[PDB]
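Structure (with boceprevir (bound form)).
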Number of protein chains: 2
Amino acid sequence: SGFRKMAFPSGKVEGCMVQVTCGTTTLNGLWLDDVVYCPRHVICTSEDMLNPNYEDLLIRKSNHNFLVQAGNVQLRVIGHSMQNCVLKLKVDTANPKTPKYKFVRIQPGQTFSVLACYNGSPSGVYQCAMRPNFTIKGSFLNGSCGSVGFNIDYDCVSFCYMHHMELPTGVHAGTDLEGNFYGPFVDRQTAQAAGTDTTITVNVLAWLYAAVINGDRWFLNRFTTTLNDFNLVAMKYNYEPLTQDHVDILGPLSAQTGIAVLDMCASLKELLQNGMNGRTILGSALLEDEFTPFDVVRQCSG
Amino acid sequence: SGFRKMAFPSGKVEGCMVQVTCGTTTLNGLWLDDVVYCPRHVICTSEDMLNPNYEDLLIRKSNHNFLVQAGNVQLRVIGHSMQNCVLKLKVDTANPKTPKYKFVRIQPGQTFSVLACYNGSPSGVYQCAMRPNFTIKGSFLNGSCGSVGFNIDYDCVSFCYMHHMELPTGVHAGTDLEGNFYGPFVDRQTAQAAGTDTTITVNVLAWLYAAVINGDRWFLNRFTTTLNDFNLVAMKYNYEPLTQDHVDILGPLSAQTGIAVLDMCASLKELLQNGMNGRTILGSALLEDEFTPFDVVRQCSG
Ligand SMILES: *[C@](O)(C(N)=O)[C@H](CC1CCC1)NC(=O)[C@@H]1[C@@H]2[C@H](CN1C(=O)[C@@H](NC(=O)NC(C)(C)C)C(C)(C)C)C2(C)C
Ligand SMILES: *[C@](O)(C(N)=O)[C@H](CC1CCC1)NC(=O)[C@@H]1[C@@H]2[C@H](CN1C(=O)[C@@H](NC(=O)NC(C)(C)C)C(C)(C)C)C2(C)C
Ligand SMILES: [Cl-]
């Protein structure tokens with residue numbers, strides 16, 4: 001038994017991380033095939049950061065202003081390009097450690113493993129959720145930019161996030177690997193709002209299912225509810241409205257616990273309404289929304 | 001900014017995990033040099049498990065009863081040995097992916113990265129603390145046995161845990177890599193007590209320091225305390241008694257926050273005494289004791 005925030009093994013992604021220096025700025029790059037991907041603001045000075053014209057700024061840059069290092073090895077850039085908010089640096093060598101990979105754009109409520117790097121060196125790995133407001137709550141210091149988020153499905157790495165910037169609270173924004181920001185963010189040092197974040201209701205139910213499977217049952221109750229009734233007690237508490245896919249996606253967990261999704265929704269209502277009263281579920285004194293149904297199935301089966 | 005439970009990158013350890021089958025039992029092995037290490041209870045039947053004589057049970061086993069697989073490759077065992085509660089299977093091939101490594105026995109209150117495996121395949125990575133009672137709170141299903149816990153210092157893997165068994169609550173016990181159990185546990189399916197677990201006070205202070213560094217200050221208070229006075233309010237609340245090394249180890253964090261350790265101890269007392277009143281510190285509604293001072297320094301500096 002036991003239930004933990006667990007990241008995918010990071011090995012396949014370690015061999016893809018390089019260092020990228022342009023002028024004074026150094027940060028992380030993803031080297032797949034003959035292409036290093038990194039955030040385009042590696043070309044900015046402290047000053048440019050306030051209101052950059054990236055086209056103009058990049059014109060002043062030539063292949064030899066881009067210092068790509070892979071441990072001790074340096075890579076000949078033979079082509080620079082911009083795709084939205086990322087730099088593609090075409091290099092001479094194909095990364096021999098290149099894994100089967102894809103670039104996917106993940107949807108709000110989905111999770112992925114971040115391999116946080118500094119100077120092209122991986123320092124650690126943890127799981128994030130894409131929040132409904134398209135922020136993440138990570139651990140990213142100066143130098144962390146260009147670190148990536150990924151899923152491993154089969155033997156195939158699905159790259160879905162690259163880190164760009166930090167927002168007031170301590171929350172992170174970044175791009176997919178084609179360089180489109182998740183959410184309304186631009187790579188400019190100028191006031192931008194994240195706006196209201198809500199709880200991923202289906203993930204909270206997935207987690208209650210994980211609780212029951214590990215024996216934590218105390219919150220399980222005699223009552224039930226309707227979808228409408230509950231979903232009016234959701235929005236009250238800023239929770240993503242529960243749909244019928246959400247029900248059908250909890251099937252495997254409903255199936256394994258022999259607990260109907262709507263019985264479980266009624267246990268949630270009383271915790272939203274009566275709090276947790278100083279009790280814990282799975283070592284946590286609050287409701288956890290950063291595990292998907294699949295995250296729970298993967299961990300609670302094998 | 002940001003502060004997360006972060007595991008070391010798992011790559012160096014992925015290339016060391018093999019499958020080990022004896023009779024019906026299959027579990028995980030650590031292949032370093034010409035030696036595969038695994039739990040010795042791979043030789044037991046469901047029945048043997050209740051009261052094994054390992055010496056006697058192992059005599060009936062010969063090199064060819066041990067089926068070691070590394071993905072699709074099979075390894076010729078040319079020597080079986082028992083060191084306390086682990087099997088050393090001498091094989092023909094030296095693991096070419098063998099990293100600089102050491103075997104260390106970690107002390108209660110220290111943390112390490114678990115790479116959880118099934119059938120010799122890594123499925124995920126997370127951080128654990130060796131609890132004061134020498135249990136961990138992991139995520140280990142049938143097949144997880146032989147999964148290892150490690151630190152990466154410099155380029156050198158320090159192997160410190162191998163998973164053997166689960167204790168009532170959902171808590172895990174295992175050995176160092178010489179095969180000595182942490183704590184009073186024996187590899188026999190017979191009633192054993194963990195007995196009373198206490199909170200790693202120095203780790204809770206390290207975490208309050210991480211909070212302050214990320215801006216969460218509300219619990220910071222005007223008061224101070226003595227070491228004796230606080231340490232009498234510790235044991236009340238089952239907390240490891242705070243020593244002067246603990247003070248001197250918090251130096252780097254005291255140094256960076258400009259907050260004396262004993263001011264911080266007085267903030268802790270009021271949270272132990274007045275609870276958290278529905279507020280959160282670093283996204284948690286309870287006091288976190290599974291980050292060491294070094295874990296916090298590593299993450300909060302680079
Ligand atoms: C990286 O680029 C890096 N080199 O690691 C860096 C990581 C952060 C954490 C300290 C620096 N990110 C940025 O520098 C990022 C780049 C400029 C400014 N950036 C910010 O993240 C800024 N945030 C910010 O301005 N936020 C709001 C936009 C005003 C909402 C910081 C204030 C955190 C520096 C750009 C192009 C946004
Ligand atoms: C592994 O050996 C494995 N193959 O993965 C396994 C993992 C656990 C999780 C389900 C099985 N561990 C054991 O089988 C372990 C081996 C026997 C019995 N084991 C237990 O962990 C048992 N615990 C237990 O008996 N606990 C107390 C000791 C009575 C305190 C289980 C009941 C969990 C099976 C041995 C040699 C202890
Ligand atoms: Cl919590």
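Convention: sequence-line order gives letters A, B, ...; per-chain numbering from 1. Only this structure's heavy atoms are used, side chains among them; waters, hydrogens and symmetry mates stay out. We count ligands from 1, going down the list as the structure has it; atoms in each ligand are counted the same way.
Counting all copies, boceprevir (bound form) can be found at ligands 1 and 2. Ranked by contacts, the top partner of boceprevir (bound form, ligand 2) (the one with most) is named in UniProt as 3C-like proteinase nsp5. Those other chains that come under 4.0 Å from boceprevir (bound form, ligand 2), heavy atoms only, are B. The single protein non-hydrogen atom nearest to atom 11 (C) of boceprevir (bound form, ligand 2) is B/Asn142 ND2, 4.0 Å, given as residue, atom name and distance.
From the protein, the heavy atom lying nearest to atom 34 (C) of boceprevir (bound form, ligand 2) is B/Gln189 OE1, 4.8 Å. Boceprevir (bound form, ligand 2) has no nitrogen or oxygen under 3.5 angstrom from a nitrogen or oxygen of B/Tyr54. Residue contacts with boceprevir (bound form, ligand 2) include B/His164, since one of its heavy atoms falls under 4.0 Å from the ligand. The bulk of residues of chain B touching boceprevir (bound form, ligand 2) reside in UniProt domain Peptidase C30. Considering only non-hydrogen protein atoms, atom 22 (C) of boceprevir (bound form, ligand 2) sits nearest to B/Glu166 O, 4.2 Å. In the deposit, the organism given as the source of chain B is Severe acute respiratory syndrome coronavirus 2.
Shortest contact from atom 29 (C) of boceprevir (bound form, ligand 2) to any protein heavy atom: B/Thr190 O, 3.5 Å. Boceprevir (bound form, ligand 2) has at least one atom lying under 4.0 Å from a heavy atom of B/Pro168. Nearest non-hydrogen protein atom to atom 6 (C) of boceprevir (bound form, ligand 2) is B/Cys145 SG, 2.6 Å.
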Note every protein N or O atom lying under 3.5 Å from an N or O atom of boceprevir (bound form, ligand 2), pairing the names and giving the distance.
residue, atom, partner, partner atom, Å
boceprevir (bound form, ligand 2), 2 (O), B/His41, NE2, 2.4
boceprevir (bound form, ligand 2), 5 (O), B/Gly143, N, 2.8
boceprevir (bound form, ligand 2), 5 (O), B/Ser144, N, 3.2
boceprevir (bound form, ligand 2), 5 (O), B/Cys145, N, 3.0
boceprevir (bound form, ligand 2), 12 (N), B/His164, O, 3.0
boceprevir (bound form, ligand 2), 21 (O), B/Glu166, N, 2.9
boceprevir (bound form, ligand 2), 23 (N), B/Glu166, O, 3.0
boceprevir (bound form, ligand 2), 26 (N), B/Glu166, O, 3.0

